[PDB]
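Estrogen receptor, liganded with 4-hydroxytamoxifen.
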Amino acid sequence: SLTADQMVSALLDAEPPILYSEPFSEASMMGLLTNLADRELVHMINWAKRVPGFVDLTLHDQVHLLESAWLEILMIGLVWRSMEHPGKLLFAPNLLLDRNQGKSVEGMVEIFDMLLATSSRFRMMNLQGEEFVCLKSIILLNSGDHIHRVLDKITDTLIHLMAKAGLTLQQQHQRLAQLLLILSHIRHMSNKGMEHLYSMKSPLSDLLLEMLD
Amino acid sequence: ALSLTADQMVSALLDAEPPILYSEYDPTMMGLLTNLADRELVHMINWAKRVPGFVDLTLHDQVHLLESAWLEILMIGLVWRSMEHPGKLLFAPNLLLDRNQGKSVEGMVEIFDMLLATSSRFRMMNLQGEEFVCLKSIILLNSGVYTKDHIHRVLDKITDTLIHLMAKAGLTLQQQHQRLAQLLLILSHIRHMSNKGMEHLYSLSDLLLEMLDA
Ligand SMILES: CC/C(=C(\c1ccc(O)cc1)c1ccc(OCCN(C)C)cc1)c1ccccc1
Ligand SMILES: CC/C(=C(\c1ccc(O)cc1)c1ccc(OCCN(C)C)cc1)c1ccccc1
């Protein structure tokens, strides 16, 4: 219903805050991130409810979308924070880790490097905040009819941002392609992430349902 | 390679297309799929070498891109040929499985329904052959690009090719970048399905370098 520019403003206003973290072992480092993550998830839900077209979906669909996309969203949020910190990841203002410390957790050295590669790619493209919030909304809606019309609106919005940037048509859809292809790499990183979290001993849906309702 | 046109890009990719192989005739499942995939893999190497700008890369990079994308390439091919067979996957012309047949297969418990939905998606989008071969080429160059400027230059060109096909088809410019977005978002799902497959298979850098010595 809305215009390409008020879509930007609405999403920007719905942006979650940057939370603070609470040598490392494997269990203490994953304790830090899990905590930050679970705190971060509360704010993600409130953000999702303010993404245009989300609350119009059934509760069953809202939960399902967040359930499959939550790690993707945390990761692209992490990458966005670490953009101006080459060779490092900004989990929190009080938790900036280089590649060296990432070996505290086994199997995390691979995922770590994939996040750093994404961060450099965003810097190479000089990703804007107006585009970032658009990419993040797409992730929430795509990873899981009405949804596609909303997704089609975000595409127009992204194009609108690139057209106002002074870009000709060729560089516009080229950049659009470049951006969306990164999401495939983000999905990949999430998949490898779920594995590791599954490779651990023992409520998201409970948290999702509790806060969404 | 960077100086081709959209029509020359399409023409090169279409003639680079691998043949649809058959499952081994033996009247008297993962074994059949493994056998089929390994024979398909040999044709994939020949195809990849015909993808514009792929041979401009080093031998090491060619191996890396293929080891990262091979299952995605096989899966999108599976989805493509299963398009006009609703609610059923066409692994081979003589190996056609529907859902209940597929539910009883090793670890295809998750991806079968995903592959069908992807096939449903392409069908209701009316995916053209010219678009398909473009998407498959994109997969080849993009899957391992993060795990280099020439690669992104070829990708941008395949993007230019896709847009041209949509403009010629008679789509408005708004419909053009919308369709392009839809197609590329699907690649995320295909990446997702591949990961699910790789894991199950996990329970190479070698053989590729062997095949590309040709
Ligand atoms: C990439 C860092 C990370 C997590 C993370 C990323 C971004 C962010 O802002 C916060 C954390 C991470 C770690 C643990 C985690 O667990 C939450 C789920 N619990 C309830 C099991 C989630 C994300 C991670 C995820 C999986 C495996 C290893 C590490
Ligand atoms: C989706 C069907 C499939 C295979 C397949 C897909 C498309 C195609 O055209 C042909 C086959 C599949 C099955 C086995 C397989 O193994 C080859 C590698 N071997 C040496 C381990 C590859 C793909 C599969 C992949 C992973 C797990 C379970 C099934």
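Protein chains get the first letters and strands the later ones, always in sequence-line order, with residue 1 at the start of each. All ligand and atom numbering here is 1-based and tracks the order in the structure.
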Checklist entry - Which other chains lie near 4-hydroxytamoxifen (ligand 1), in the sense of having some heavy atom under 4.0 Å away? => result A
Checklist entry - Between the candidates A:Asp38, A:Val105, A:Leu95, A:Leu74, which shows the shortest non-hydrogen contact distance to atom 7 (C) of 4-hydroxytamoxifen (ligand 1)? => result A:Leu74
Checklist entry - Counting from 1, what 4-hydroxytamoxifen (ligand 1) atoms have a heavy atom of A:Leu115 closer than 4.0 Å? => result 1 (C)
Next on the checklist: At under 4.0 Å between heavy atoms, is it the side chain or the backbone of A:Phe91 that contacts 4-hydroxytamoxifen (ligand 1), or both, or neither?
Outcome noted: side chain
Item to check | Numbering as shown, the atoms of 4-hydroxytamoxifen (ligand 1) that approach A:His196 to under 4.0 Å (heavy-atom distance) | outcome: 27 (C), 28 (C)
Checklist entry - The entry lists a source organism for chain A; which one? => result Homo sapiens
Checklist entry - Hey, is A:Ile111 touching 4-hydroxytamoxifen (ligand 1) through its side chain, its backbone, both or neither, going by heavy atoms under 4.0 Å? => result neither
Next on the checklist: Once you restrict to heavy atoms under 4.0 Å, what part of A:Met200 touches 4-hydroxytamoxifen (ligand 1)? Side chain, backbone, both or neither.
Outcome noted: neither
Checklist entry - What are the atoms of 4-hydroxytamoxifen (ligand 1), with element, lying closer than 4.0 Å to any heavy atom of A:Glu40? => result 8 (C), 9 (O), 10 (C)
Item to check | Distance filter under 4.0 Å to A:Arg81 heavy atoms, resulting 4-hydroxytamoxifen (ligand 1) atoms | outcome: 9 (O)
Next on the checklist: OK, so UniProt lists some 17beta-estradiol-binding residues in chain A. Which of them have a heavy atom under 4.0 Å from 4-hydroxytamoxifen (ligand 1)?
Outcome noted: A:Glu40, A:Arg81, A:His196
Checklist entry - Using heavy atoms and a threshold below 4.0 Å, how should the contact between A:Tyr198 and 4-hydroxytamoxifen (ligand 1) be classified: side chain, backbone, both, or neither? => result neither
Checklist entry - Which single UniProt domain of chain A covers most of the interface with 4-hydroxytamoxifen (ligand 1)? => result NR LBD
Item to check | Part of A:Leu204 within contact of 4-hydroxytamoxifen (ligand 1) (heavy atoms, under 4.0 Å) | outcome: neither
Item to check | Contacts of 4-hydroxytamoxifen (ligand 1) at 4.0 Å, non-hydrogen | outcome: A:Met30, A:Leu33, A:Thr34, A:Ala37, A:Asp38, A:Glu40, A:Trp70, A:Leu74, A:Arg81, A:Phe91, A:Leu115, A:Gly193, A:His196, A:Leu197
